[PDB]
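Next up: a structure with nevirapine.
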Amino acid sequence: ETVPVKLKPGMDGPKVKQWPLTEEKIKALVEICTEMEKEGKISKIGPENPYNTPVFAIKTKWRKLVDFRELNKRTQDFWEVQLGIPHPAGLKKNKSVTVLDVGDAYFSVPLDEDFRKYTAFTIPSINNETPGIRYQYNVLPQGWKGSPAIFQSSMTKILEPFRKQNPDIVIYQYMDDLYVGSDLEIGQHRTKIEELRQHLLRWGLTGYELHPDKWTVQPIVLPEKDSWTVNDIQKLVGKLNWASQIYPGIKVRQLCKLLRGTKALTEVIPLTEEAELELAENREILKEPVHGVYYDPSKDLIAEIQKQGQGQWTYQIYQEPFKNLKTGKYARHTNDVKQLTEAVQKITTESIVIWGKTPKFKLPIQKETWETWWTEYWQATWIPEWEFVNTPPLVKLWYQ
Amino acid sequence: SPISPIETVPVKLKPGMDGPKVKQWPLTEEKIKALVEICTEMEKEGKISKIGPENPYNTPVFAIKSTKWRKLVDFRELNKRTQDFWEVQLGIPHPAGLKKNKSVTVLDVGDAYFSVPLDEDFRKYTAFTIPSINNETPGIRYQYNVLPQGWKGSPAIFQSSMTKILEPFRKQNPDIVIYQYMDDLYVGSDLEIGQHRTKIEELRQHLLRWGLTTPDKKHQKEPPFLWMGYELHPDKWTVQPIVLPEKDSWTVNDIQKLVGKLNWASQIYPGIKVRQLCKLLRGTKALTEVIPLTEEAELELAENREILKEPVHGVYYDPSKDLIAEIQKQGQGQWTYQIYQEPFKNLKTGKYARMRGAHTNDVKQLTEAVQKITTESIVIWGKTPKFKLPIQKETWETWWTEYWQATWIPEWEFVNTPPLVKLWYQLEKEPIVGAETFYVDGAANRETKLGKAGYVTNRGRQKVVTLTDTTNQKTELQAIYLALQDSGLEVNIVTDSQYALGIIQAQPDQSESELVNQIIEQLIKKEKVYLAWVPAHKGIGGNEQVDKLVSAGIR
Ligand SMILES: Cc1ccnc2c1NC(=O)c1cccnc1N2C1CC1
Ligand SMILES: CCOC(=O)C1C(=O)N(O)c2ncccc2C1O
Ligand SMILES: [Mn+2]
Ligand SMILES: [Mn+2]
């Protein structure tokens, strides 16, 4: 039943252009929307509604994903400092975390009359042959951050008995997703999930499986080799020099003492002993977390992704540059964009699990390319913020 | 002129703001007379209705000239106060995306805006006053009951109404294609010149039933239709007549008009070029200044004249066939393309010539042109075409894997149409044994703008040039350039500039910097080049040497 919602003072509703869609996605959306309209979830709108929010189709059954990133910014105060959902620090420590699409719940709750206009979206036509089909939500929409904030009290009710029966089970609600984490054995965990799906089923809802305890760091591995060449030791110091800007205690001097005077690169030079003394003591520091780096909940998260080739991708999460909260990797018909879109999702889930927000991504890709292709492989119910960037050619090898 | 039985569209004003109250300027007697004749005529038709000065709102009126007048209302202030509306379209169709049809008919709506009603609660804000001969009498005051000319919301609402009117007819005539454009309708089908003529009249009835008058059999336009700069036959399309005047003198304005025409023509005429004509407009002068034609511009104009020799048309789209896009390098920075379904019968042509960033190569340019065409195809056809590219799978394969950016060209095939796209040099993965290891560095004094570029080698060699108006970045590129100049066909170059490494590592073959082009010129002449990076100021053999050598008197 409609709880009053409004915008943040000063700012107005979203006016975002709709992306060109392919024939099949448009057809899929026309079907999806004809239905939702019969069931009263959405209603056709007139030109008196100047607002707009992009819509896409994703995945066997096609399904509708609405890009509410813009609306979420303009209602932030509502879903964050009015009806904010608290984040539990235990979720990341769990042995197993299952993610459930609980987003079908929101259609039972009607949306505030005066707010419905801001949820306007459009299904465009091929070659702009017909005017776009315009709609607005009558109920809480999927992908809008206000939805779980409003539903929070209904959710607490639904989960009350299950929470009572399993005090050691962590349940976190982010968006359309419920994050359920336990320290149980896997068979017992997967059973407790099915057990939970039955609770949900009695209210009208309907898995994907993570292991956050097994997220050990990506230590910047320094090479071990027999008979180093001048070139190799230069690459070695460059890696260390950079590592000392983040990790305290990284010593470098002894290595360069071996590089004195203008020498050739291929000239093999013998290694002393002070090298292995510093090297191993460095390796020791890299395999531990960063000392002095802590998450400020009022600062945006940022993630950088570097292409490594051979279907490999390294990434780093931070708020202040070089002050890494977490580094990582990603293993591999499979193309760059497919892998990149898959990596982004992986990194984003981990971020939600750890901090309860999505990071702004710095993407090693051309804007247009990403925009045309990302939906082909996108599977999540949310969309993180993204920028497009030039990966510094040396950041690449450092994390390699 | 019918006033349509439609539902009304609820219009409001921009929050906080009240309606317009702009004073009516007094007009001349012939102007005041003319307005009364017009307004009472509109009054009897239901277009406008009388009110009194209890209604506090006003918008000024005017009358312009022919032996009779037209009434102009300046809705500027109301327009500034009326709410924002949804856009009247997100884009305009390209003819190339239209299905082929046996027959196509134009029906323009009689008296567009005045046929559709205006929301009751907004009518009061459209108040205008026809004043008396001077100060004199209180004026005659009217308000609109229909959508007014030049009002912010009339475009969107009329279009909104038309969509709603057609909706039932569309859904009970699924194999009938109708397109709304302003006060026009384009209707096509595949039925014969008999029952097609029938079907128009069924539509005209449906329109008159909803208070919209459309011309009959005898008064409707004939193919081809002029529309938005196109000619549109039922089975073919082309751009409207392009005529490049032969002038003794070419002014900026003339060249601008030429470029615009050529750009327009290029939708269907293959091989159109405009780089040399465009070059002239750079850092320009007055509209009327005569620009003497460059030889290359003269060559470009002649080529374009030649291409536009005889008329060329485009075909319409067939949904059952795939699309084929072919791309060709036309010269420097210039890329040309064709899209067809059946070998060489073009749906449309086009050109790409952008400069994404300072430094680029043909493989980067080619793949950017691919993305441009890819987007376009989605818009026009709702699918991506099969690509045919002047590049070897292996040339492409190599570039992608090694490159730091993520890329994805959809399904494509090599086509041997020179110039072929290739990389012009490649940096080594391994330092060259028995080759002279140059250590390069630059230095620049920020206030003076003076700089030193230089190298020390493993073989004792040592050079230092002075540069006068420079930046650190330029000095490093200069230093790397020196190392290439005096090294011969096999060199290791270690630098401390990531900027420099970055540019070179991505195999550019053209730049917006002359210095970078000199480096390219050198890199091709080479046989084996290895470039590597070391951090600045970490006691590295040759690096500390050149640094001290270039920092002499500079920092
Ligand atoms: C201007 C325009 C834009 C969009 N579609 C069309 C038209 N008009 C045509 O002349 C036309 C011709 C060929 C095929 N479809 C066309 N039509 C379709 C509607 C019958
Ligand atoms: C800002 C000056 O800092 C330095 O000492 C540096 C310097 O001398 N050189 O040559 C340099 N060369 C390339 C990159 C960065 C630097 C430096 O920071
Ligand atoms: Mn330097
Ligand atoms: Mn230096």
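All chains are named by letter (A, B, ...) in the order of the sequence lines, taking the proteins before the strands, and each is independently numbered beginning at 1. In each ligand, atom 1 is the first atom listed, and ligand 1 is the first ligand listed.
Put simply, copies of nevirapine show up as ligand 1. Tallying contacts with nevirapine (ligand 1), the largest count belongs to the chain named in the PDB entry as Reverse transcriptase/ribonuclease H.
The other chains with any non-hydrogen atom less than 4.0 Å from nevirapine (ligand 1) are B.
Counting heavy atoms under 4.0 Å, the binding site of nevirapine (ligand 1) comprises B:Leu98, B:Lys99, B:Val104, B:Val177, B:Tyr179, B:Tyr186, B:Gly188, B:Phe225, B:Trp227, B:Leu232, B:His233, B:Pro234, B:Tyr316. Distance cut-off 4.0 Å; other ligands and ions near nevirapine (ligand 1): none.
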